[PDB]
Amino acid sequence: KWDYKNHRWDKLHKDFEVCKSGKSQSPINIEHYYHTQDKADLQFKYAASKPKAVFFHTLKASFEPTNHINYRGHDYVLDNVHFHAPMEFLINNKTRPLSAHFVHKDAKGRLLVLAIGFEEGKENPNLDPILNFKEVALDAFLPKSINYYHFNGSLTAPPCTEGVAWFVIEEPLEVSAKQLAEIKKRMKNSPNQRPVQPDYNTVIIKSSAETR
Amino acid sequence: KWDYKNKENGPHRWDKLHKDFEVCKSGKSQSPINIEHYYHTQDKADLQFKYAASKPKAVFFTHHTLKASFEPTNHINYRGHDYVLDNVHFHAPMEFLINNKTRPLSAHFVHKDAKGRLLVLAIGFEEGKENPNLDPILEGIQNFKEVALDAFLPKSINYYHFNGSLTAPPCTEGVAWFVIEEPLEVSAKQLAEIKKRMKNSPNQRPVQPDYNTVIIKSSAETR
Ligand SMILES: CCOc1ccc2nc(S(N)(=O)=O)sc2c1
Ligand SMILES: CCOc1ccc2nc(S(N)(=O)=O)sc2c1
Ligand SMILES: [Cl-]
Ligand SMILES: [Cl-]
Ligand SMILES: [Zn+2]
Ligand SMILES: [Zn+2]
């Protein structure tokens with residue numbers, strides 16, 4: 001059984017062999033990239049939303065097909081949000097104590113994932129509805145203006161399927177220290193961060209968008 | 001047994017011939033593709049060429065292409081990492097399609113660095129003027145005369161850069177592609193001969209599935 005306990009994922013199932021063999025496995029440290037000033041091309045179609053279900057090695061909140069992201073002429077339906085502690089993706093070796101992943105699928109079956117860091121500070125109201133289920137302020141969840149990193153990668157969890165479009169947001173969200181240990185407690189006080197995977201000089205663009 | 005013919009050994013079946021080749025199917029950054037969506041970028045000038053005229057170690061037909069091997073004298077520098085041009089080979093038509101445009105021919109500059117990491121540079125050809133750069137080879141397949149590598153490429157190039165795979169089995173990924181937009185020119189006769197030297201047998205992998213590849217457009221000076 002696969003866990004984060006103390007590189008052998010490929011062994012447990014042959015379905016997981018790509019975890020080693022893939023040349024574009026995630027997460028990574030974002031250190032070399034291209035600046036661009038091209039249109040967002042990223043449109044959010046988010047609303048405050050109450051979960052299809054809320055359940056637990058990571059804390060996950062799933063949703064109905066109500067929230068969308070449209071990228072270069074294709075609609076990606078929001079499936080779920082889950083957390084990693086520490087932040088899996090590194091930005092020039094800076095990681096945040098917590099992260100969230102927003103998972104999407106298009107007509108063609110393609111995957112798009114949204115990642116953002118958290119900053120230890122003020123209480124974050126967006127977390128509480130989940131922590132009948134209370135609705136989550138998605139369209140308000142995200143920063144107004146985001147600087148993001150976009151590149152190609154894999155699932156950070158098995159089967160580590162690749163073909164994932166990652167957009168990693170620069171801005172850290174804020175989380176209070178009680179909330180942090182609580183979710184950390186919520187995840188059995190067991191870390192669920194895959195280490196940085198081998199990076200074969202991934203082509204990375206830095207760009208921005210308006211989430212709302 | 002892989003080939004480009006429509007029988008059991010074509011591209012739609014390359015994954016079946018050897019288990020070493022399955023990434024041809026399962027791989028998620030498979031090349032070639034149609035380059036139409038990309039990001040325009042600051043021209044930080046990432047790529048530096050260091051080519052000289054060079055005589056081929058060998059010029060020979062292998063695995064459907066005309067290949068010219070070289071001593072490790074011609075190089076490319078990318079973000080402070082140097083890749084040695086290993087060989088130049090040909091595909092007809094051009095395999096990468098640029099904004100849905102297909103060219104009669106392309107040339108691939110295969111580079112490998114110390115780590116065994118791969119870099120390939122592609123430039124297309126369309127029918128026109130006689131190319132003196134080409135002729136050493138068409139005769140050389142039949143010592144070898146040197147190739148004006150330093151003179152081969154356009155002075156300033158527009159190219160697309162992304163991560164992809166090899167276009168022939170084993171279809172290895174982690175390949176850094178530099179696809180130059182500018183077409184070089186070839187005479188209609190030279191064109192017909194290259195195809196004859198490459199046996200009038202197509203050696204173009206079809207466009208492969210695209211998983212939203214991040215492509216940047218930039219430019220450089222080859223001279
Ligand atoms: C039905 C199985 O769905 C799975 C399994 C692993 C997995 N990892 C992500 S992530 N952390 O965004 O890269 S999403 C996902 C979905
Ligand atoms: C080890 C044998 O060398 C091989 C096998 C396939 C292959 N495809 C290219 S290409 N068409 O530039 O992407 S180069 C190359 C070298
Ligand atoms: Cl993350
Ligand atoms: Cl090509
Ligand atoms: Zn995740
Ligand atoms: Zn080739």
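Below, chain A is the first sequence line, B the second, and so on; all start at residue 1. According to its header, this structure was worked out by X-ray crystallography, 2.2 Å. All ligand and atom numbering here is 1-based and tracks the order in the structure.
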**Q** Which one of nitroglycerin, gabapentin, proguanil, alendronic acid, ethoxzolamide is the drug located at ligand 2?
**A**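 At ligand 2, it's ethoxzolamide.
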**Q** I'm curious which macromolecule has the most heavy-atom contacts with ethoxzolamide (ligand 2) - what does the PDB entry call it?
**A**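 Most heavy-atom pairs under 4.5 Å are with Alpha-carbonic anhydrase.
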**Q** Identify the other chains in heavy-atom contact with ethoxzolamide (ligand 2) at a 4.0 Å cut-off.
**A**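 The heavy-atom check gives B.
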**Q** As a test of the contact definition, would atom 2 (C) of ethoxzolamide (ligand 2) count as having a protein heavy-atom neighbour under 4.0 Å?
**A**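 Looking at atom 2 (C) of ethoxzolamide (ligand 2), one finds that no protein heavy atom lies closer than 4.0 Å.
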**Q** For ethoxzolamide (ligand 2), is any non-hydrogen atom under 4.0 Å from B:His63's backbone (N, CA, C, O), its side chain (CB onward), both, or neither?
**A**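 The answer is neither; B:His63 stays 4.0 Å or more away.
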**Q** With heavy atoms of B:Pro169 as the reference, note each atom of ethoxzolamide (ligand 2) found under 4.0 Å away.
**A**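 Those atoms are 5 (C), 6 (C).
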**Q** Among all protein non-hydrogen atoms, which one is nearest to atom 14 (S) of ethoxzolamide (ligand 2), and what is the separation to 0.1 Å?
**A**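 Here the nearest protein heavy atom works out to B:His89 CE1, 4.0 Å.
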**Q** Could a heavy atom of B:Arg205 be found less than 4.0 Å from some atom of ethoxzolamide (ligand 2)?
**A**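 False for this residue.
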**Q** I need the nearest protein heavy-atom contact for atom 7 (C) of ethoxzolamide (ligand 2): residue, atom name and distance, please.
**A**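 In this structure, atom 7 (C) of ethoxzolamide (ligand 2) has B:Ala168 CB, 4.1 Å as its nearest protein heavy atom.
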**Q** Closer than 4.0 Å to some heavy atom of B:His108 - which atoms of ethoxzolamide (ligand 2) meet that?
**A**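 In order of number, 10 (S), 11 (N), 12 (O).
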**Q** Pick one of side chain, backbone, both or neither for how B:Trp177 approaches ethoxzolamide (ligand 2), counting any non-hydrogen atom pair under 4.0 Å.
**A**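 Under 4.0 Å from ethoxzolamide (ligand 2), B:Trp177 contributes side-chain atoms alone.
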**Q** Within the displayed structure, which other ligands or ions place at least one atom under 4.0 Å away from ethoxzolamide (ligand 2)?
**A**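 By number and name, ligand 6 (zinc ion).
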**Q** From the options B:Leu121, B:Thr167, B:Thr172, select the one whose nearest heavy atom is closest to atom 10 (S) of ethoxzolamide (ligand 2).
**A**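 Nearest heavy atom to atom 10 (S) of ethoxzolamide (ligand 2) lies in B:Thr167.
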**Q** Pull out every atom of ethoxzolamide (ligand 2) sitting under 4.0 Å from any heavy atom of B:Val120, numbered as shown with elements.
**A**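 Atoms satisfying the 4.0 Å criterion: 12 (O).
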**Q** Run the numbers for me: atoms of ethoxzolamide (ligand 2), each under 4.0 Å from some heavy atom of B:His91, listed by number.
**A**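 Going through ethoxzolamide (ligand 2) atom by atom, the ones under 4.0 Å from B:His91 are 11 (N).
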**Q** Which residues of other chains have a non-hydrogen atom closer than 4.0 Å to ethoxzolamide (ligand 2)?
**A**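 The heavy-atom binding site is B:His89, B:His91, B:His108, B:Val110, B:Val120, B:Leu166, B:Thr167, B:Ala168, B:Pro169, B:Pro170, B:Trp177.
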